[PDB]
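Structure follows of XL888 associated with Heat shock protein HSP 90-alpha.
In what follows, chains carry the letters A, B, and so on, assigned in the order in which the sequence lines appear, proteins first and then strands, with residues in each chain numbered from 1. In each ligand, atom 1 is the first atom listed, and ligand 1 is the first ligand listed. Going by what the header records, the deposited coordinates were determined by X-ray crystallography, 1.7 Å. What's counted below: heavy atoms across the whole structure, side chains too, no hydrogens, waters or symmetry copies.
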Amino acid sequence: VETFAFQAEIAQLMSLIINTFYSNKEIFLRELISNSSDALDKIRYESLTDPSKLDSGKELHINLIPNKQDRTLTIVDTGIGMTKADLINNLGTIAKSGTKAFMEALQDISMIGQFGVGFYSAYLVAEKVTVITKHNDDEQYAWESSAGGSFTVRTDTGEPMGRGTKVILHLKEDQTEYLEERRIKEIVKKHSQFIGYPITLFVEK
Amino acid sequence: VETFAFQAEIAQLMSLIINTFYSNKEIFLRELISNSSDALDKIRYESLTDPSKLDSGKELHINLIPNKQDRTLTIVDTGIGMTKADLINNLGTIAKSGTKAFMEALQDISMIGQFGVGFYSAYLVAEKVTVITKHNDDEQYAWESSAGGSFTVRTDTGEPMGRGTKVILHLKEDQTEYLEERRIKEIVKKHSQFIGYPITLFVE
Ligand SMILES: CC[C@@H](C)Nc1cc(C(=O)N[C@@H]2C[C@H]3CC[C@@H](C2)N3c2ccc(C(=O)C3CC3)cn2)c(C)cc1C(N)=O
Ligand SMILES: CC[C@@H](C)Nc1cc(C(=O)N[C@H]2C[C@H]3CC[C@@H](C2)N3c2ccc(C(=O)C3CC3)cn2)c(C)cc1C(N)=O
């Protein structure tokens, strides 16, 4: 288990997201699904020149898995995944000028996605976020942060995932509506209706 | 014809795009198709609760029309379109904060789209851009700029388009590769392959 400091502007953005009231919190689900769709585009693109890219799983889909008992909402996709370097250095698409431009714009939250930092909208609803991921060129890894300016990365020893990413939202006690089948369906319908991959809700036992 | 000053940061971005060398200029086509797709999503959504939104045209598609004779590449869609207010005031999504700071990311051009200003990438390859558009709530208008700090807006009493937008790129003389059928196919394949509306390339 290695522990890292957030890039300064990411820490600032995270505090802003957590410590300020925003009405329109449902957009977190749109942003996560958007990222999953972009990850699916990426592996599909690679698979057109080299079909062996799909040895790790041919299916291209997004699954939403609410769990009232654990107070978790999980977004799973079979996209390209992230390597250890991605998890430690951050993605190329998250640049500090974009992070800065968004925060300036803040002072609607929904504009977050435009600037490449949509993932951090998860902290509108989640007290902790766990990201389990597997990229064809690397091993399976877990990234986790409860904000407060640090995050962790470790090799993952849980269930193998083949290829793709699970983001596990450990929800805030006042944000449990997002575990409700009805609410989830309404949000997907409003914001993610024309995404070009199946989105399937796994109804809880 | 009314002539309008560009917002100051928009003028600066435009001068920058025109007056700086960039290698990977082909991404302009990715940005335009992305906007057309976003505009298609918008009218589609509206039509779900009001079917009459499609009385101006049921088809939801994107057309690419190269014209070697006129040296123009036109990107046409049947998306939601833009009102006169949109054309004069700009879109609410193009914000000083994103414009001022995309320049900061530059100080690759390809991340322009992030910052909400993907359209202006048209000026990597075009000396003039004409935008003809029709929204359900307004008349048909033409916006046009050759840069130099201004744009014009006029009623378009030309060809009725029903609903949607045409972006006509009047290409610089050293940028004519973007009228070649095979170059356009390759750009679509690399960047826009999984857009969720038909993209039709119309032989001249
Ligand atoms: C595959 C790429 C993309 C198309 N999709 C996704 C993108 C993301 C996403 O934003 N991850 C990251 C990288 C990691 C995991 C969450 C957050 C942002 N992290 C980090 C990592 C590091 C830092 C730092 O300050 C380092 C000091 C510099 C900050 N933050 C996610 C989570 C999923 C998908 C998807 N479902 O596939
Ligand atoms: C429907 C909106 C979006 C989803 N799609 C599109 C967006 C655009 C686009 O960016 N247009 C604008 C508004 C007009 C036309 C081009 C440029 C950017 N203009 C202006 C207008 C004004 C200003 C100013 O400085 C004013 C002083 C404040 C600057 N620039 C386009 C072109 C097409 C689509 C699409 N195919 O539908």
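In this structure, every copy of XL888 sits at ligands 1 and 2.
By chain letter, those with a heavy atom nearer than 4.0 Å to XL888 (ligand 2) are B. Taking a 4.0 Å cut-off on heavy atoms, B/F6 registers as neighbouring XL888 (ligand 2). Near B/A5, with a cut-off below 4.0 Å to any heavy atom, the atoms of XL888 (ligand 2) are 27 (C). Here the heavy atom of the protein found nearest to atom 5 (N) of XL888 (ligand 2) is B/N35 O, 3.6 Å. Remark: minimum distance from atom 2 (C) of XL888 (ligand 2) to any protein heavy atom is reached at B/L91 CD1, 3.3 Å. Proximity of B/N89 to XL888 (ligand 2), defined as any heavy-atom pair under 4.0 Å, is confined to the backbone N, CA, C and O atoms. Short contacts between XL888 (ligand 2) and B/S36, defined as distances under 4.0 Å to a heavy atom of the residue, involve ligand atoms 36 (N). Note on XL888 (ligand 2): B/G79 sits outside its first shell, no heavy atom being nearer than 4.0 Å. Interface of B/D77 with XL888 (ligand 2), defined as ligand atoms under 4.0 Å from a residue heavy atom, comprises 35 (C), 36 (N), 37 (O).
Across the listed options B/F119, B/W143, B/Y120, B/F4, B/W143 owns the non-hydrogen atom lying nearest to atom 14 (C) of XL888 (ligand 2).
Atoms of XL888 (ligand 2) lying under 4.0 Å from at least one heavy atom of B/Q7, given by number and element, are 24 (C), 25 (O), 27 (C). Close approach of XL888 (ligand 2) to B/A39 is summarised as follows: ligand atoms under 4.0 Å from at least one heavy atom of the residue are 4 (C), 37 (O). Close approach to B/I94 involves these atoms of XL888 (ligand 2), each under 4.0 Å from a residue heavy atom: 10 (O), 18 (C). Between atom 26 (C) of XL888 (ligand 2) and the options B/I88, B/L32, B/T130, the minimum heavy-atom separation is to B/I88.
The binding-site residues for XL888 (ligand 2) (non-hydrogen atoms, 4.0 Å) are B/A5, B/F6, B/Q7, B/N35, B/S36, B/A39, B/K42, B/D77, B/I80, B/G81, B/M82, B/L87, B/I88, B/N89, B/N90, B/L91, B/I94, B/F119, B/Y120, B/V131, B/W143, B/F151, B/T165.
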